[PDB]
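Structure note - FK-866 present.
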Amino acid sequence: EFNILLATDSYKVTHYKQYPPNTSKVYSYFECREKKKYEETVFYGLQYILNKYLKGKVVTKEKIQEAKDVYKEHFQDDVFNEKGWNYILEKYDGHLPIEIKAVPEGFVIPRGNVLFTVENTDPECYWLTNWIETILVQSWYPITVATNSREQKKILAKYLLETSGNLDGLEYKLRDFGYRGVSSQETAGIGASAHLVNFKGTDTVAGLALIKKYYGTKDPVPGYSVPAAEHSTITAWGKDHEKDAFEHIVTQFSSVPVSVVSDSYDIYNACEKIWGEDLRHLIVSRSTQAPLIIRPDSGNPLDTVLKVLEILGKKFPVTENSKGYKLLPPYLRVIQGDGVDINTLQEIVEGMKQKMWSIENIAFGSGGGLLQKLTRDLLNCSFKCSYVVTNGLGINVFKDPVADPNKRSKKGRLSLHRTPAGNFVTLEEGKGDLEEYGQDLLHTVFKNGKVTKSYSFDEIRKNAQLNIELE
Amino acid sequence: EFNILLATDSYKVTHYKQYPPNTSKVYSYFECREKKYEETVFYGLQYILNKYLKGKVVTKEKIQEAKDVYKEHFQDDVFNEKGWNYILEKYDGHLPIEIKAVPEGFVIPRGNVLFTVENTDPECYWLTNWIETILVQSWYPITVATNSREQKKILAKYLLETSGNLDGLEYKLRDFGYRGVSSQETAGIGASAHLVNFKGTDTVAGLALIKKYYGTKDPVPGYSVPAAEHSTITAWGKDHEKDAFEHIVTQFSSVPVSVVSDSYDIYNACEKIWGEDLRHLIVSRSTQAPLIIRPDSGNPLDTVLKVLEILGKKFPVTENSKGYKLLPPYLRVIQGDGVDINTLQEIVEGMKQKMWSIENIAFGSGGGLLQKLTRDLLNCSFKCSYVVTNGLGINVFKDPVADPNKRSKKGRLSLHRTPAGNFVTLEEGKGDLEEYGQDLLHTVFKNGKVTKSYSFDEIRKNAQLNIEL
Ligand SMILES: O=C(/C=C/c1cccnc1)NCCCCC1CCN(C(=O)c2ccccc2)CC1
Ligand SMILES: O=C(/C=C/c1cccnc1)NCCCCC1CCN(C(=O)c2ccccc2)CC1
């Protein structure tokens, strides 16, 4: 079972002996720190951490003893605040005397603003605020996945509007293929759920149960898939029988959309000769509600997409839409699911535009690029102490390293406000108390072991909409 | 609770319908496919087998749950209820799968078979690749353990050159990655993988994983020491950094203590606060209880070099038997910012050029060690190589025209020692010809049971550097 006493960086076990004597309050905050592009971030994922790990009776006698035994060996010394943990057990029935205030989930906030704050509610527990730094900072991951996914949605929206004149099907155009390419089952669920803030297409099944348990949707499920081959289901037929595999699969899934990986041996042969000649009769007969989606999976991603489109354009009837861009017949589409990240997505859609192909033609799948190839320094997600009370006097505290101004932190008690022009500002030094800027946008979401405010997944999605969608 | 019926890529739910009719066997394998990182450490499959795959993993409730989810997720009924029910009824929900694998901790060149998977019941031909997704997650502990070992090789080379021995090597790269990984589960897995090569960690999650799944003769596989963070210095107020330092080193007067020194001005902290104001509290410390000064910002090489130059003028420096400068035994440095395999190399080489022994320094690495890694670094990949259809075995493979690097292996596979003592993978069942001795793979899972396993002590032994051996 999970033990919050064993869920911190080891060194934090020793910090209760390091703060100034007579310290009754430690107050800390989280930001995606500005760096001298990702100019705005989607705040998502804290509610998962609050419910799974921080709420309710999280301290027991057994958990205290267990931690004491492990730390004895791990440090080869007796440092461990057994008394401090016993106090929370006896006084609060093991509930954390902590208050957390946060911006609503789904909110889209510029870099360098306070996103949440943490402080102890009992003077004895001044050490507890930063004990939970480690677990709370892991919110960097769903924030960053949700943010990077939204930035990809912006690119897709721009090019789809330009080449087609609308945004139809935008939420279905970037699929999560990342389940195998993340570091753990838990990561898979968190990451998949963060992608679903922006899109509806996923093969990372783990995201669904996470959303149902911790957030919830009006709809039965937040994400959807369609039948699709993998190389095993083609190659099992034997090298000389690729056409047999294709024919069998499209006939098995004749009335729903079906994706067929087409590059096992020669993607260009498969498109021109197998799909384009031998099996053409099984393709042109398909419903608009049940297209074949041809899937290349190797080679230079842009060069391969353009060549596949070129081949299919010469084998199938192409129209020109009202913006002047070429469109495949409605029973045929393409999905590129190899080597797609934010950079290559941009290259591909711009390449398509230059060659006059509508973005209606194509969907994208992304795996490692979407869920694994991200770190905490992409958005500089960071947790810092900004205010303490010592001997009953508050002091505004901060770091400001001489050789790196980008690592300077904020001072004092913080609040988040709308500006007169409708943007965001973080007020420092308790200046929100002067009430010159309307209401603080941070709300209490956790207090003394209870989750005090929750958001549904539908609300989060609404908060995270693109401006272009709003327009 | 975990449900293996809901722990695969969505599209695999539809694959049972796509294989050739009358297929009784699907046989697949995992490799770190060949195209830096010429050899890989095999680690982490034992965790997956025990946590997720062994015993009764199918129940009536789990089947109904998956049926209900997939009905909405596909907007159609495509889920193989009958196939899963067969497993429940016939095998009391134990997976009729056999997995063979190289021993954990083994160091194997790229492009070799590391494990294989096949069904043991013809009805369950579709099951082999259902579990691809979970098994392929082994890329992560493999990659962490591998990249961590590559860093140990660098540290070994430079420590040996500047000091003449390897004393303390295993304590020189510390895992600081707990906050920087994507989940609690990842933290434990990744920390355990670093502990294959090193003994220093602040990612507490790794300890419990190892104890549960691998085991060590020692009470714990990894260790930490007291250390400050910016909040324990800055809480004292900007004019009282010296007061913070004095309090901390006095509280931890008889054990090693690390104290982050860059809150305001690292160079002032080293030269004036440690080097003058509090110098008397440093030179009095035991060899068993050094102060470790921790810079945490600026260019990593430049900052380390300047910190060492400052301390070298404030404290008595010696010259070791190799001609390199050495701080007194009560004083060391740790660089825990910006460290990855590339910057590690730059820092130790830069120290060597300035005649500073690698004894003087330890490193901590967080996102670089545990997060900034992907499955394409070692090209970890699972593919089908052999099937039986209508009673006839067929060697199968992919070989995409535009990427010969993606070509997969054909047929039944085995791993062998060559006459020169290296590894070779034989394809097409050629291992059966017996020209290359016994298969080095071992059966590790069969029909719901883990059949062979390794302690963490054995894994560490297998993963040793040549220089250590
Ligand atoms: O290729 C794979 C998965 C590969 C995979 C998975 C996991 C790991 N590694 C690889 N999945 C196929 C998904 C693409 C389906 C498209 C999306 C857009 N689209 C519609 O929105 C639609 C239009 C008209 C009618 C109905 C729907 C047409 C159907
Ligand atoms: O700075 C932090 C943690 C920072 C942190 C943690 C988590 C997240 N973010 C930042 N930890 C201090 C590590 C100090 C390691 C050295 C290794 C070599 N060494 C001995 O081998 C030794 C010498 C004499 C006696 C006993 C042992 C001296 C101690």
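Each chain gets a letter, A, B and so on, in the order its sequence line appears, and its residues count up from 1. All ligand and atom numbering here is 1-based and tracks the order in the structure.
Within 4.5 Å of FK-866 (ligand 1), most heavy-atom pairs belong to the chain that the PDB entry identifies as Nicotinamide phosphoribosyltransferase.
Lab note: other chains with heavy atoms under 4.0 Å from FK-866 (ligand 1) -> A, B.
Heavy atoms under 4.0 Å from FK-866 (ligand 1) belong to A/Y172, A/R175, A/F177, A/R180, A/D203, A/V226, A/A228, A/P257, A/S259, A/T288, A/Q289, A/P291, A/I293, A/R295, A/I335, B/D9, B/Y11. Of the protein's non-hydrogen atoms, A/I293 CD1, 3.4 Å is the one closest to atom 29 (C) of FK-866 (ligand 1). For atom 22 (C) of FK-866 (ligand 1), no protein heavy-atom neighbour is found at a distance under 4.0 Å. Interface atoms of FK-866 (ligand 1) facing A/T288, defined by a heavy-atom separation under 4.0 Å, are 24 (C), 25 (C). At the top of the distance list for atom 13 (C) of FK-866 (ligand 1), counting protein heavy atoms only, stands A/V226 CG2, 3.6 Å. The protein non-hydrogen atom at the shortest distance from atom 14 (C) of FK-866 (ligand 1) is A/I335 CD1, 3.5 Å.
Below 4.0 Å from some heavy atom of A/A228 lie the following atoms of FK-866 (ligand 1), by number and element: 1 (O), 2 (C), 3 (C), 11 (N). The presence of a protein heavy atom under 4.0 Å from atom 19 (N) of FK-866 (ligand 1) is ruled out.
Here the protein heavy atom with the shortest distance to atom 3 (C) of FK-866 (ligand 1) is A/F177 CZ, 3.2 Å.
Residue, atom and distance of the protein heavy atom nearest to atom 27 (C) of FK-866 (ligand 1) are A/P257 CG, 3.8 Å. Nearest protein neighbour of atom 7 (C) of FK-866 (ligand 1), counting heavy atoms only, is B/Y11 CE2, 3.4 Å.
Checked by distance only, FK-866 (ligand 1) and A/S259 come closer than 3.5 Å through their nitrogen or oxygen atoms. Judged by heavy-atom distance, the UniProt diphosphate-binding residues in chain A that approach FK-866 (ligand 1) within 4.0 Å amount to A/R180, A/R295. Measured by heavy atoms, FK-866 (ligand 1) lies under 4.0 Å from these UniProt beta-nicotinamide D-ribonucleotide-binding residues of chain A: A/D203, A/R295. The source organism recorded in the entry for chain A is Homo sapiens. For atom 17 (C) of FK-866 (ligand 1), the nearest non-hydrogen atom of the protein is A/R175 NH1, 3.7 Å.
Protein heavy atom nearest atom 8 (C) of FK-866 (ligand 1), with residue, atom name and distance: A/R180 NH2, 3.4 Å.
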